[PDB]
K.L.:
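Notes on a complex, LY354740 with Metabotropic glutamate receptor 3.
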There are 2 protein chains.
Amino acid sequence: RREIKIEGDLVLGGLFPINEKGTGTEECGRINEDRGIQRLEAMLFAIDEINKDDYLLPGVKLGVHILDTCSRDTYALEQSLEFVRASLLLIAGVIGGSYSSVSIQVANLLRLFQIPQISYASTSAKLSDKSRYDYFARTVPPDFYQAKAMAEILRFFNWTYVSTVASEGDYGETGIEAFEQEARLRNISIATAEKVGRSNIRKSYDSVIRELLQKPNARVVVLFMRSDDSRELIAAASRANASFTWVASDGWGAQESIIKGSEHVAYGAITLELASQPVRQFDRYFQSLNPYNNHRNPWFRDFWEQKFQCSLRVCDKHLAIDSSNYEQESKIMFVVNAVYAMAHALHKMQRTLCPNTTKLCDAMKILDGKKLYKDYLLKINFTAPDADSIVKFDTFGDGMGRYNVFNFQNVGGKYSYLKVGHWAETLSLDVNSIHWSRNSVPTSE
Amino acid sequence: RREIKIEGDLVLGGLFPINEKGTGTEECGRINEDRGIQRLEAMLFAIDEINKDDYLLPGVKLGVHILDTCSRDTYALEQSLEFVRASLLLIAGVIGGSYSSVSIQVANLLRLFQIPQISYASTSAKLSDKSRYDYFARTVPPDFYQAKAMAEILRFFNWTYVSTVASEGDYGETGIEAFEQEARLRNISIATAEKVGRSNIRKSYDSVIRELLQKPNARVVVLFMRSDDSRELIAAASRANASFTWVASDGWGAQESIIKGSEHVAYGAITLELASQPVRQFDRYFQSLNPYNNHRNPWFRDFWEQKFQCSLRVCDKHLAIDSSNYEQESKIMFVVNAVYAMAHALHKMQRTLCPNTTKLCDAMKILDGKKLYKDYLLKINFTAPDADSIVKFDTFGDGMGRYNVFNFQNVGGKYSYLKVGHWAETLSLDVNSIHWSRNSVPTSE
Ligand SMILES: N[C@@]1(C(=O)O)CC[C@H]2[C@H](C(=O)O)[C@H]21
Ligand SMILES: N[C@@]1(C(=O)O)CC[C@H]2[C@H](C(=O)O)[C@H]21
């Protein structure tokens, strides 16, 4: 029964895809290093920082209850029952999840116990429906904007006949449906519309690649897809020696885990990811972690063994997370900001209900989740450790539509994602910086 | 009757392709800006510098007699008769020409009057035959080395099945014949061997392109070709939408005049040019020239009118040669070094025959061209305005086999030749710096 239980005056729930979905039958698979472990650690880091902050909840120690979702909504629901068992360890708010289907499933349960929820990565436009997700907010924007951003990229390059591939579920389907409307407003025609996934209703990854090849004019393929699904499509494209210009949503983003080993078939890909700035203090914190000093994370040993491909053959005692094997996951800023958003809402309620103490007074011992959400959580602060670096929610509990545009390249022997553009109400690109095809040495034999 | 006659104690002849060959019938065509005018000016500059040098011929003023070859050996012979009329204005030595056929034709005449000749650009291995060209030397190497350098480039990239195109004449034919032997030593097979040129025996440029397309496996085409011929082949390749990886000799080199307007069909070309270092003092001298202060050059007005596409519509009085419209022609170092080689040989003869004067004594009034060539011209000095920056000739009157390797690219909107390698006995390359194909935005319509 793996979890992180750290005692406090107020406890925050945490949900992270520590492990991937398991193959065939198994619930849990490999460790998700950057979107699982780093994010988990970014929450532990933010809590440690808040617990050292003299201006944010002094006298009110924040504890945690962090669980694995195994990248499955069904597994997340089971785990989320632990957060509500105390109403059937009391929970003040929940941080997570990542996948929109997980956040949706969790929200369906949490709203029944008036528990506020803040996601740091779920971008489904569905989650903006406050009549259904009345206790949900997020430091990230809805995919209404990402879809617009992608249609504007195609319109800019006159990619007027494209194919679409979407992951089944809450993220992919509504994301691509929004993209199809934006594309239609820009006289962009859709050649074929495919859906991928693990369910009984989905066609094969090879059948999807065959559908893309049956429209040879559509060389640009727009993807709104999970990471796990992006890998299976790339593998299928490889098997059929299919060549496409992939234009992918944040599900792919600037993740090297999707392209590693199949760099040639994803060359020249254009990807989006939410506009973020790395938390420098997090880099320091994360690089100091090892299996000998990190006692509070029960998944850290499995993470270490996977990351360094050894057993603790044998793991060298001086293996270290550093700039040679690590880069801050693009959405860490949102994790820290979500924990801080919850803490700021709690601090404000604390100062309103207990003005003559720093402590959790009698008037605030029984938390009013409804008031915490509506009267406090929709607040305003400058990010923790330009001009618009403020943490706030709109009327619908959403973040701002800001994205960075990336191009998958080969710099000088090394494959990476280079930032080539930005989207915030309008599209800005550095067209000269983009590489569209692999620079292969010609053959003459 | 266009020429440059500057009076001196000793006069040096000069031959430069000021104008291109004329089309159809006409002897002279457009002005050759960089290989014609700049080179001519590099000789006038070197003479001005020598005439200011207290350590090199003080007391012996160097004059000039500079003529246009119109890039034709037949025209060069006519002009060269002026240098020998004084034996049928006395000439001490001749600087030039550029094209190997011109230098050969000139040498056939000069050797009859014991007049030493130094070429700054003729690389034919034929000119190394001292039983035939007994008065010829050069600051440049024979193409025995360039051919080796090119075969080593192909061998390095495993380009084992290639086509060849050569300009008819002394440069192309012996250059490619040497390449074919070096390629055969490296198990490189030749698909087709074509020859181009203005003569009655040559097949069409379109017929040559058709021969290259009939061997589709041979994507790499090696060229030993004149500049004028390189342009006609590129135009023919364009008309047939032919795509090839061109590997070209110094005839093409790093000249933008060959690719201007047809950058797309020559993209990713690998070219060689003799290893040279720009003469900084020349840049200053050349950029100061305008049609109002340059009285001694009778072709400068035509040059200016062509370079700026105006009539002196109307040429702006403040038009200037600068870093925005000018780059020192790759072989300027060799022009300056050839003039200096002649001056050093004359200085040494002067100090041997007139030890008690700086002046041209009675003992040196009738120059012994045979002794000047054999006993003095094969000398040794550090270049004028690493460790091996010395000016010398081997036993055969030749320079050292050193080449720079260039790649025709699009940097960031601008098309240019980037140095990507070097050859001096062995091949060294920076493979990561090379671009092989045009980075075109994909089409999806
Ligand atoms: N924006 C996503 C979503 O399901 O809403 C797409 C896939 C997964 C991304 C993540 O964890 O960074 C989250
Ligand atoms: N090396 C050449 C030659 O005919 O020997 C080839 C074409 C022409 C080059 C030049 O003027 O720079 C000279």
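The sequence lines are lettered as chains in the order written, beginning with A. We number chain A the same way the PDB entry does; the residues here are 30-117, 140-363, 371-443, 449-508, in that order. Chain B is numbered as in the PDB entry, which gives 30-117, 140-363, 371-443, 449-508 for the residues shown. Hydrogens, waters and symmetry mates play no part in the numbers below; they use all other heavy atoms, side chains included. We read in the header that X-ray crystallography, 2.3 Å was used to get this structure. Each ligand, and each atom within it, is numbered from 1 in the order the structure gives.
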K.L.:
Which other chains have a heavy atom within 4.0 Å (strictly less) of LY354740 (ligand 2)?
P.N.:
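Heavy atoms that close belong to B.
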K.L.:
Is it the side chain, the backbone, both or neither of B:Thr174 that has a heavy atom closer than 4.0 Å to LY354740 (ligand 2)?
P.N.:
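Both backbone and side chain.
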K.L.:
Quick check on B:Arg68 - does any of its heavy atoms sit under 4.0 Å from an atom of LY354740 (ligand 2)?
P.N.:
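A heavy atom of B:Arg68 does come that close to LY354740 (ligand 2).
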K.L.:
Identify the closest protein heavy atom to atom 1 (N) of LY354740 (ligand 2): which residue and atom is it, and at what distance?
P.N.:
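Here the nearest protein heavy atom works out to B:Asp301 OD2, 2.7 Å.
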K.L.:
Which residue and atom name correspond to the protein heavy atom nearest atom 3 (C) of LY354740 (ligand 2), and how close is it?
P.N.:
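The protein heavy atom lying closest is B:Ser151 OG, 3.4 Å.
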K.L.:
Is it the side chain, the backbone, both or neither of B:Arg277 that has a heavy atom closer than 4.0 Å to LY354740 (ligand 2)?
P.N.:
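Near LY354740 (ligand 2), B:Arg277 shows nothing, with every heavy atom at 4.0 Å or more.
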K.L.:
Pull out every atom of LY354740 (ligand 2) sitting under 4.0 Å from any heavy atom of B:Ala172, numbered as shown with elements.
P.N.:
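Those of LY354740 (ligand 2) that fall under 4.0 Å from B:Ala172 are 1 (N), 2 (C), 3 (C), 5 (O), 10 (C), 11 (O), 12 (O), 13 (C).
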K.L.:
Which UniProt L-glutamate-binding positions in chain B have any non-hydrogen atom closer than 4.0 Å to LY354740 (ligand 2)?
P.N.:
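The overlap, by heavy atom and UniProt annotation, is B:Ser151, B:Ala172, B:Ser173, B:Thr174, B:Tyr222, B:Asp301, B:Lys389.
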K.L.:
Would you check whether B:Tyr150 has a nitrogen or oxygen atom less than 3.5 angstrom from a nitrogen or oxygen atom of LY354740 (ligand 2)?
P.N.:
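By distance alone, the answer is no.
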K.L.:
How far is atom 7 (C) of LY354740 (ligand 2) from its nearest protein heavy atom, and which residue and atom is that?
P.N.:
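Looking at atom 7 (C) of LY354740 (ligand 2), the protein heavy atom closest to it is B:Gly302 CA, 3.8 Å.
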K.L.:
Can you list, by chain and number, the residues with heavy atoms within 4.0 Å of LY354740 (ligand 2)?
P.N.:
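The heavy-atom cut-off picks out B:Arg64, B:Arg68, B:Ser149, B:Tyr150, B:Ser151, B:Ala172, B:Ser173, B:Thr174, B:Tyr222, B:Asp301, B:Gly302, B:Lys389.
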